[PDB]
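Entry featuring nevirapine.
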Amino acid sequence: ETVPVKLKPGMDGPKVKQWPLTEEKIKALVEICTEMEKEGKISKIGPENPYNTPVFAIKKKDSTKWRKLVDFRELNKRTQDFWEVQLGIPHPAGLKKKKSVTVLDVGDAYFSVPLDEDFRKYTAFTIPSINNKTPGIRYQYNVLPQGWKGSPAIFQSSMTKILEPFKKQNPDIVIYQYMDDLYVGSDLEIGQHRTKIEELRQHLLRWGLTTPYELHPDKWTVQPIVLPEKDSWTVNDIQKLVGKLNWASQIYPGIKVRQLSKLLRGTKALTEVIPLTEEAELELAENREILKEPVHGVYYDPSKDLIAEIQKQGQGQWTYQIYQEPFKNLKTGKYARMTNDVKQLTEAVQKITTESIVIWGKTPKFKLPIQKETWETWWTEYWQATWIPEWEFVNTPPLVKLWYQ
Amino acid sequence: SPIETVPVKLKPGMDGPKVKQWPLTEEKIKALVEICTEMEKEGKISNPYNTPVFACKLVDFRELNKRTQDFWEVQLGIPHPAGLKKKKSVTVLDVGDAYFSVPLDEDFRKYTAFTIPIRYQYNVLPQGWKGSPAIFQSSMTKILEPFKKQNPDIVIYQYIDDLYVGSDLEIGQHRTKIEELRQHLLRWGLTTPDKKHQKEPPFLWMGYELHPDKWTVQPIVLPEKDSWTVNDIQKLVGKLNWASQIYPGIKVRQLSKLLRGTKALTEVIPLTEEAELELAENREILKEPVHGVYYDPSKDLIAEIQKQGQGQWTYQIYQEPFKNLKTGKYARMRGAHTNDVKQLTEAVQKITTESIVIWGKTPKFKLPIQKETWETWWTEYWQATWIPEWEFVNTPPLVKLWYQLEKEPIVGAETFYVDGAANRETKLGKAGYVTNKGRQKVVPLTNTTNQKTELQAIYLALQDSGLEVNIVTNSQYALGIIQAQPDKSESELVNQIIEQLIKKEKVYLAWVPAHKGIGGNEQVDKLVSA
DNA sequence: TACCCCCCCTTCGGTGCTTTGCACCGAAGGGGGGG
Ligand SMILES: Cc1ccnc2c1NC(=O)c1cccnc1N2C1CC1
């Protein structure tokens with residue numbers, strides 16, 4: 001049968017415009033959509049349809065063919081009542097200590113189950129044309145979409161039915177599902193992990209889930225903030241370090257800076273060296289000790305939403321902080337590429353959101369340090385994931401950027 | 001005639017029309033009644049609500065339009081002529097009474113009800129309706145899909161009623177093929193003039209003269225008035241913006257600078273000599289016509305960028321040198337502080353977006369910048385940006401950063417301690433500073449905000465310093481502004497600060513927290529606050 | 001006593017830290033091409 005789907009009480013539909021595409025990512029969309037329609041996946045819709053959502057063509061990891069990707073953020077915001085309240089699932093906390101998790105794609109599995117007739121008038125999209133030469137070919141899904149938050153909810157029953165045998169045979173692994181993605185976590189060696197992965201692939205193929213790459217949550221190390229070390233300190237260095245222990249006072253209650261100011265009482269030139277007094281040295285040692293200890297008074301709250309800031313530290317280095325309440329962080333990272341500039345930001349965004357899914361389970365709302373037009377023009381060219389977070393652009397960060405040196 | 005009808009419904013929660021009857025005089029009644037009865041007799045047409053009568057010697061509706069199912073627009077964008085490929089033969093066929101041929105839906109036939117002050121219900125799609133263009137275009141493309149499926153080599157564009165068909169077949173062969181196009185359109189009950197009434201090049205479409213081998217903007221006329229009002233200036237600037245797409249080198253910033261501070265549209269404002277020179281040069285470049293060229297798939301797009309000054313950029317997208325395809329200008333002022341590299345970045349991204357929507361592929365830039373300058377800008381900047389693929393053209397003026405801040409302090413240079421404390425209420429501030437060598441200064445200020453004094457304390461320090469200087473500031477606002485490395489600003493104070501910073505051979509800045517008693521910054525508090 | 005469309009320009013509001021001022025982006029007005 002078909003599970004009935006409805007939006008919130010008196011909730012409107014997706015009205016979003018499709019911004020232009022390269023001619024290659026339009027030829028590919030035309031070919032893919034003709035192939036999909038010639039065997040019943042999609043059906044052309046008439047002018048009476050008042051709702052539209054964007055569409056893109058990407059290339060998956062280590063592949064050559066193109067893959068359609070339909071943005072569904074607005075529809076997900078409409079539908080959140082149908083998934084969060086109805087089928088709020090629990091998140092397996094044992095997935096954050098797994099030795100190595102593998103990610104597989106199960107979006108193709110959704111290409112058989114039909115969709116509600118009433119709801120089917122919301123998943124409408126259009127492939128655009130070059131130069132507005134012609135009106136765009138429009139379409140809508142018959143089968144369930146891949147990218148909608150309710151589609152996993154609809155397919156969850158069959159997913160549990162298929163996964164009961166494999167889970168019963170071996171309970172060591174942990175199974176998680178987010179959108180088209182399945183995360184499998186095993187405490188097994190990589191050599192036998194590959195054999196287990198291919199066995200799961202065959203098991204999926206037998207029951208009708210055709211599927212054609214590894215994270216290490218044990219190797220994910222948080223990055224504490226650390227002060228520099230030098231034998232001789234000048235006035236400029238003392239001034240730099242003092243204010244950093246003043247901004248950090250808000251983050252950590254145990255950072256005290258009153259004796260590090262004892263070295264700065266009069267107007268002195270920046271270059272001149274200053275010796276370190278005993279009380280100031282004790283204060284510096286105590287502050288370093290507090291900085292070594294982790295953040296205090298923070299705890300994950302699933303009711304609220306996650307926020308992820310990214311800052312550019314130069315020479316292919318980025319920092320990112322995931323939290324929920326200002327000056328109460330839940331994580332801290334450091335991405336590095338040891339290429340392009342937008343490419344690194346795209347890859348960092350993907351890594352941060354994948355980690356957020358693995359630990360917490362909900363992707364954060366990014367605060368990107370990029371031009372909005374530049375992002376919207378370039379983000380598709382380097383995006384290999386099959387899902388899109390929500391992002392807002394931040395005009396200016398505190399200037400010190402104390403997170404790295 | 002046998003065209004499938006798209007169903008249409010009204011907006012949920014309400015009903016159809018409720019407009020009252022509109023009786024009028026009997027002079028204009030019959031002149032419309034006879035033709036209405038004729039078009040009823042032809043068979044295209046055959047419930048308390050009714051539609052008021054409109055007489056022209058024409059049916060109008062607003063309540064219906066506002067109480068109708070919302071549609072999704074079919075042609076939101078207009079094809080820029082630059083992207084059209086060079087078709088050897090072009091023909092235009094204007095379909096007549098197109099909205100008469102398109103039928104209506106059974107549900108909405110009841111809702112459509114016109115009653116003269118005799119009542120009829122529209123069995124065909126009416127005109128002047130919100131849903132008319134989408135429905136009509138969908139029906140038209142449904143009709144034309146079989147022909148294009150059967151014949152791939154021709155190209156067809158449908159704009160409202162007119163259809164433009166291009167072909168690479170010979171003139172006799174093109175006429176032959178257009179004959180079957182005419183027959184196919186006639187079969188579906190749509191009229192089309194014969195070969196006697198067909199149009200000839202140049203085709204005047206949406207303000208464009210179109211030829212088989214070149215395109216041009218329709219003759220643009222500029223006003224010639226001894227004095228100009230607000231509306232005349234606005235019309236001027238609009239026409240200049242419209243005409244910039246093919247005529248290189250047009251600036252309209254000066255003219256636009258007059259529209260500020262006034263709101264009345266009937267006022268008269270004398271010009272300025274800068275605006276007079278603008279007009280003179282615009283007329284000089286607009287004196288003789290120029291023409292574009294049609295795109296070729298086998299050639300490589302190139303889009304040069306050049307600077308004019310004060311924030312104007314021009315570009316000339318072309319494929320073969322000295323054979324343009326498009327030109328344009330960028331003059332938007334994004335942000336209260338910016339330099340030339342940021343504006344070059346914005347211009348490049350705007351060009352890429354336009355070339356993607358028009359041509360589908362990104363061109364190969366030729367920017368007026370050096371590789372080292374770009375590199376040193378991007379790596380040291382807080383945000384992220386990428387210019388696709390560019391080569392270097394040595395056409396002055398070039399783009400470069402004027403003053404480079406130093407990462408490390410400077411030996412042998414003075415060290416100023418600046419701040420500023422201005423009362424929010426009395427609007428009296430005090431900008432002062434001290435130096436490690438003992439120099440002290442304090443200046444009263446009238447009618448300034450709590451940030452103005454702190455901002456121009458750095459100006460005081462720079463003015464009273466030498467070539468090498470270190471400055472200590474206790475406000476993040478001024479630090480961020482100066483570190484952004486601006487070249488221009490809304491306020492002239494920042495311009496003064498930039499002018500001072502350009503002179504210095506080596507300048508270094510440093511932030512220090514305030515209101516804590518840190519270093520010598522606590523000393524200047526006694527000089528500026530009390 | 002209409003709309004709707006794309007573009008370019010100035011002007012007001014609301015919200016965010018860049019704080020009770022300044023900055024920013026989206027919305028409105030006005031022109032251009034119209035159908
Ligand atoms: C108005 C218009 C819009 C879009 N395309 C065209 C036209 N009209 C032309 O006259 C035309 C001229 C040159 C090349 N293509 C043209 N054609 C195309 C169909 C061959």
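Just so we're on the same page: letters track the sequence lines, and every chain starts at 1. Order of appearance sets the numbers: ligands from 1, and atoms from 1 within every ligand.
By contact count, the main macromolecule holding nevirapine (ligand 1) here is known in the PDB entry as Reverse transcriptase/ribonuclease H. For nevirapine (ligand 1), the other chains with a heavy atom below 4.0 Å are labelled B. For nevirapine (ligand 1), the residues with heavy atoms nearer than 4.0 Å are B/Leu84, B/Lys85, B/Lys87, B/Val90, B/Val155, B/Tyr157, B/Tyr164, B/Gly166, B/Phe203, B/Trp205, B/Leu210, B/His211, B/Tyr294.
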